[PDB]
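Each chain is given a letter, A onward, matching its sequence line's place in the list. In chain A, numbers come from the PDB entry; the residues present are 615-780, 815-1020, in order. Note that chain B carries the PDB entry numbering, so the residues on display, from first to last, are 52-93, 132-780, 815-1015. Remember, it's 1-based here, ligands and their atoms both numbered in the order they're listed.
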Amino acid sequence: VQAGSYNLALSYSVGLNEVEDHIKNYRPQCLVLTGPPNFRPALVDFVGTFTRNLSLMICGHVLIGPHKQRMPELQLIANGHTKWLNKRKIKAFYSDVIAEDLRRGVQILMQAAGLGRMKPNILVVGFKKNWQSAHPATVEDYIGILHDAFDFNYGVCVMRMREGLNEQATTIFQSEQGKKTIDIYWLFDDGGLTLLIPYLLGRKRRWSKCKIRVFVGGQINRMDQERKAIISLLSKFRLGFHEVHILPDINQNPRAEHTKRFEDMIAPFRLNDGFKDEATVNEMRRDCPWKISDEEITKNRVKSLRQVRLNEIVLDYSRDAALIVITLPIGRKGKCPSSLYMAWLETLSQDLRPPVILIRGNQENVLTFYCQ
Amino acid sequence: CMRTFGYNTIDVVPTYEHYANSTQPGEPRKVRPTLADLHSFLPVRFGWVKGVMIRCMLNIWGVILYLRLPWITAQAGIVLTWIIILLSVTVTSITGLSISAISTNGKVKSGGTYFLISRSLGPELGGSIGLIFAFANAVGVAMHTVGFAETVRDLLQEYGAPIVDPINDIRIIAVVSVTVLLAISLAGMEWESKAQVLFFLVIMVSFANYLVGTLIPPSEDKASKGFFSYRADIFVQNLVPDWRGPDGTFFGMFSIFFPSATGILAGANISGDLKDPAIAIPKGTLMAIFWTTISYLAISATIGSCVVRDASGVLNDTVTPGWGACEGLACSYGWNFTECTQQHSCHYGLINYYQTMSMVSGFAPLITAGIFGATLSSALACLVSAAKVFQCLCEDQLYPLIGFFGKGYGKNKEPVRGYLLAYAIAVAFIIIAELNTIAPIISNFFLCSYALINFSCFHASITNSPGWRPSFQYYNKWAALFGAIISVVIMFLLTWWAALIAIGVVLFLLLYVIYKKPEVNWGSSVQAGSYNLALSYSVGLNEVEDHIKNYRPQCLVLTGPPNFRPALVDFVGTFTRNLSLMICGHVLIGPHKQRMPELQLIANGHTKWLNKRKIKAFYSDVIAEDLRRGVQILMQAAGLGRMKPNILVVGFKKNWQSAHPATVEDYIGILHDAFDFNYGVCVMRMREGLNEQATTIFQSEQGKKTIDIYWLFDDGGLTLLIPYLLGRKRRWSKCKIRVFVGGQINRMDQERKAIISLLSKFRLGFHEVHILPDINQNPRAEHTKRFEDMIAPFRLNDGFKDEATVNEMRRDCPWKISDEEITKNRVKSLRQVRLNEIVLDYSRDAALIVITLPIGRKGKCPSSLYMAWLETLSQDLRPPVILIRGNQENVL
Ligand SMILES: NS(=O)(=O)c1cc([C@]2(O)NC(=O)c3ccccc32)ccc1Cl
């Protein structure tokens, strides 16, 4: 029976080659970074919930060790991990690679994982809960992994949960959320990926009863008019979202107590280089690329403050939401040191009861109201 | 603050303009910054009532409602006529649900049913349905106009103006009518809408006249003609069916009624001129269906409650005591009809008078006007729908000889050419006037279109594509499938031969469109379903465990761009096609000088070239600083679950001698990594080198040339396996597999039973097994000199040095070969020189040579020397030489 199954799979994979890619037929092609899947099952579950029977879902594990010492273990443990996934009833492909560092292995996976058109277009990673107590090199590597995912047009999906990452353990996602609401903070236009992921989640039996609330930014003067132009774009997409809220007060200065929290949270990583030219900043950067010069802090005052203010708005709306979705701010390479970038991600999702997902598309349309 | 939010950041905020494609107002296009920007550094529109409801209702209503409905009710009973109407409404309403669901998805543009079907199911069936629908509507224009002409000719002969004759006179009247309709249609969409509204008002006045007349106490003549007003006895008597005549069968009534009440796509077919199709099509069509159904039910109920089935009509039939005799209770109202119901003669009543509806009404002229309005409205709607559907078809340019008619003259498209063609077809088909032999074909065509609409809905729903997000949510995939199946079955039952003809035409059109391979890509449930099948079966294959009996050769071919080394890809495809996985790898070192979209376009182009090449292979390209790193990445990650490559096919670098030695060093490193990763290596050496479709030696047949296999090492059967599957193909059938097994003459049957006769068990059937015991005998000095001279340029003369001194020297020059190694492995060196001597004499006319690949010891054997054997192992060999070394796992 294996031969016929393999032949069917190969035949259909080959036949998928002539099929062209269409916006109406786009599918989230997920490459979750779980390592050993049993260590971080929650994450897997979530992706499965919206990939089940709908799109491909690969699991990426990077090994640290010579091939010879790993080849036997590689072959005899990949099957164990696959059988664990199957026993958990997930239609995901396990794939492990060996590299000196996690970033290199993730790069090779994103570059080569996939057969033809069934290659991931999204990288689903888990939040680094200990990014402060960890060696700054690790935080720099994680941020660089995000940058690499962007370089490949991979839509990033950073998942943060209060509990953390770590019979099979039961996670919150295997239960039913019920009537709780799904808050989607579509602050910036990522091409719709921030909206498709929660739409597919609600289409599942466990999220059908969730009342999806969409939050957008507007100005206090034209709240009413802007409430309708966005309640109309959602209608054109025919996503079934219930409400549309607007927050003119996102640009107001964060509270004087919370803002200092952000500054004290980035105190250790400050390089204190706010009076020297960029050509005079690199030498004290070679060993410490994560250090944040005072110069870079000045140009990111508004942006850093806005993230703090965003966390204020979310902390007063989604206190009791089943799931929180917030667009992922995009730092610029060469101007957003890993320390500053991680602070935003930490500052964005924090202090609440987060099933928060920080999604961010590749600035390419994934939802269309315009049949060809 | 009080700023328009996204005012202090280069990132944008969601806006409709970002997703709009059409010429969105504003003379511009606010487009979100590209990921490389944030990242990196440095015409009247009608409403639903006047565009869907009115038009669909006018198309539904026809002559049958006025002329055959009272007959059907009288013949079948009120209950049975209601049941027939309910079955017809069930089919039509399920089709309407399907069409509404298909309409809601996306923004429906001009084209009508054709546009929706093509954009939902696929271009292949879309074109066929478009052509069928266009022709059917064109012919229906003629049929409706002929019916109207027949009614007018009847009313004329009622007044004594035969002109020519009952026949070939309706020709003239209906041609005049069709010219009138064509002129009005060409006038303008507003004029057509006004004409439809006028016909609607006329039909409404006719209905009101009928209903008022039925409530007037009967007159003398009307009473004689069987009209008796509302009576409980008459209503109860007509409940049961009184079948009579050759059409007295229930299925006959059902077949007569069904075509009349199916014109439910009149509104959708002009969706181009709809203010908002997504909300006007569903509700309008459902309301039209409901109102027509209620009208039919009410007409049946009332007419069955006023007119008796049989009546004489002669005034002398008054009832006087003694005279005559009664059966039933009609005489209770002072009328005797026995003189007929015994003889079955007179012509009046609900079962023998088709014009009973006109007589029961308050004024016959109003009924005639209603008939005229119904026929004309149906004809005009058919003409408009056919013209617009054909215009969309031609705009879609699927078919070769319809492009001309697509272009639209004037403003607001206005498809004048299509209108003229439809009018010409209608007049040519009406000149015949012989439509009864052609009507069932058109009815079956429309049934085919209904089946395809319902199946498009069901297929889209079952596929469950992310793009399938339809606003209408009162449908059912199972209901749509039931409607489609019922459409096909009804089409077959009404007339099996006509159904066969329609299915044959549709199949011809579908096969023609699929043959013509229309390049247009609209997105469809077909493509999404193909992806779903691929994913489902790939995951299924993944869930299966691993063992030996399922082993397949899964080749990763280092061919860079496939169009630069066609011979390698052709070779791999020959023995991998339809058997296992084949992946064409490609490593770009470069700076890559491009955003990812450019690389994606190049990859799509290369995949298209592969597909045109007729090769089932996946083109995977990566980026890395050097070729070694790209190969390592591809070996490490390329694949999907179980269906990963386990064999590395790579070409031969013929110009290693004159190139920088680091190139040969990294080549040998690639081979060593492949061996380390448990990859069976396969070196494809061609005498001319590896570097619209380029011809290759592996394409042409080769007849009966000898396939020589020079086995000299038990690698697990990989060496024999490839030629095995390589000869089971058509192009390698007549060739003889002369495997020169490395062994001894005494062993001709041992490795025979070991492989050759075990390959009688392995079903290889190798004819000859010629032993070569002279491999170890000393080679010729000249050939030996050729080998030493080849290794001379890389000579390092490290032998006159200490072991540690040996190690230090190569901390920067590991390509160079020391003399100490030469003495260390002299026996192997001369072994390969002689082995090439054995092959050149023995295998000179062979079609393909397979030789076990020599394997040096990394570190213990230098890279340059190892490559030197490979060059010397297969030098000057005429046919394409293949070097193989298996995983060390028994393949068979
Ligand atoms: N205009 S239409 O395509 O929606 C349509 C028209 C009819 C039609 O007007 N109704 C008919 O009885 C008929 C006969 C011949 C041609 C056309 C017709 C029947 C079904 C449909 Cl789906």
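The molecule at ligand 1 is the drug named chlorthalidone.
Within 4.5 Å of chlorthalidone (ligand 1), most heavy-atom pairs belong to the chain that the PDB entry identifies as Solute carrier family 12 member 3. Other chains making heavy-atom contacts shorter than 4.0 Å with chlorthalidone (ligand 1): B. The shell of residues around chlorthalidone (ligand 1) (heavy atoms under 4.0 Å) is B:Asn148, B:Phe222, B:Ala225, B:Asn226, B:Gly229, B:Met232, B:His233, B:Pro348, B:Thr351, B:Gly352, B:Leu354, B:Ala355, B:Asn358, B:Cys471, B:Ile531, B:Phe535, B:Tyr539.
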